Amino acid sequence: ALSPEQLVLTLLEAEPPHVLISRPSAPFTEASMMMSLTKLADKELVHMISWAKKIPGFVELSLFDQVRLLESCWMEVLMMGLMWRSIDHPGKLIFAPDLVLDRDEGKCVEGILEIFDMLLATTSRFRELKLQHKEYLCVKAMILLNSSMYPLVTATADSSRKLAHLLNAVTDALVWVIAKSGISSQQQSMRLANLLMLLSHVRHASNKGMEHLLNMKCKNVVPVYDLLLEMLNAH
Amino acid sequence: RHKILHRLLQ
Ligand SMILES: C[C@]12CC[C@@H]3c4ccc(O)cc4CC[C@H]3[C@@H]1CC[C@@H]2O
């Protein structure tokens, strides 16, 4: 199940559905643009839980570690999906098939234009590298499995070893996919380093987005509900 | 606290 060709096919079959949403009838305001983006995020979070349960070994971790990994990565995983949907469309963010925002539309919401420019620049670096679909599947699974999991004290020890074995198997799978290209050994090491250095850019953008959303919530610009509200209250 | 996520995990 963890051998490279079987693991990559399992990740391919686990991909979540595209969630559909459209623009409002009236011109956007700061409040109505925040309402459309947060309604989409809440529904994608529900499907994200079903995706994580499909990754081999994940439901064999402690329930406590399952919850802690999703709390630590959910905004990063929403942004990685958006970047892959937008990779062939310079100057646009493809939130859904009927919600395609031009860069300049971020001028509608205070503080969001900087975050759109971060997302668009990291999308442009994956376009320049010619990121392949099977490389994307491995890097998105590494985002889930790679957070700090500094020791905490639970009322109830193999769950950490189980996590390292799973993260090692996904890393081996990405090295196997790169080796199909047949480029030089130096070029394979350089491509691996280039893809993994972009993980810090996805964490940077997710930090700025989490601050922005918590401030829009506190100031009553947008109301938030159910799963999205719970993940924010817990942060 | 993690009230609704537990529910979807099981
Ligand atoms: C979290 C925000 C609303 C939801 C947005 C979203 C919504 C859905 C999705 O697939 C990706 C993203 C990334 C950008 C996010 C925004 C950045 C700041 C804003 O508050």
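Naming: A, B, ... by sequence-line order, numbering from 1 per chain. Every number for a ligand or one of its atoms is a count from 1 in the order of the listing.
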Chain with most contacts to ligand 1, per the PDB entry: Estrogen receptor beta
Note to self: So out of sulthiame, dorzolamide, huperzine A, estradiol, bithionol, what's the one at ligand 1?
What the structure shows: estradiol
**Q.** Heavy-atom contacts under 4.0 Å with estradiol, by chain
**A.** A
**Item:** Flag: protein heavy atom within less than 4.0 Å of atom 2 (C) of estradiol
**Value:** no
ask   = Which atoms of estradiol are found less than 4.0 Å from any heavy atom of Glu44(A)?
value = 8 (C), 9 (C), 10 (O)
Under 4.0 Å from any heavy atom of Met75(A), which atoms of estradiol are there?
1 (C)
Numbering as shown, the atoms of estradiol that approach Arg85(A) to under 4.0 Å (heavy-atom distance): 10 (O)
Checklist line | Heteroatom distance test (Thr38(A), estradiol): nitrogen or oxygen, under 3.5 angstrom | finding: no
Could you tell me which UniProt domain of chain A does most of the contacting with estradiol? NR LBD
What organism is listed under source for chain A in the PDB header?
Homo sapiens
| Which atoms of estradiol are found less than 4.0 Å from any heavy atom of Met34(A)? | 20 (O)
*List the closest protein heavy-atom neighbour of atom 12 (C) of estradiol: residue, atom name, distance to the nearest 0.1 Å.*
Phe95(A) CE2, 3.8 Å
### Query
Closest non-hydrogen protein atom to atom 20 (O) of estradiol, residue and atom name please, with distance?
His212(A) ND1, 3.0 Å
**Item:** Closest approach of any protein heavy atom to atom 7 (C) of estradiol, naming residue and atom
**Value:** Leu37(A) O, 3.7 Å
Exercise. Protein heavy-atom contact under 4.0 Å for atom 15 (C) of estradiol?
Worked result: no
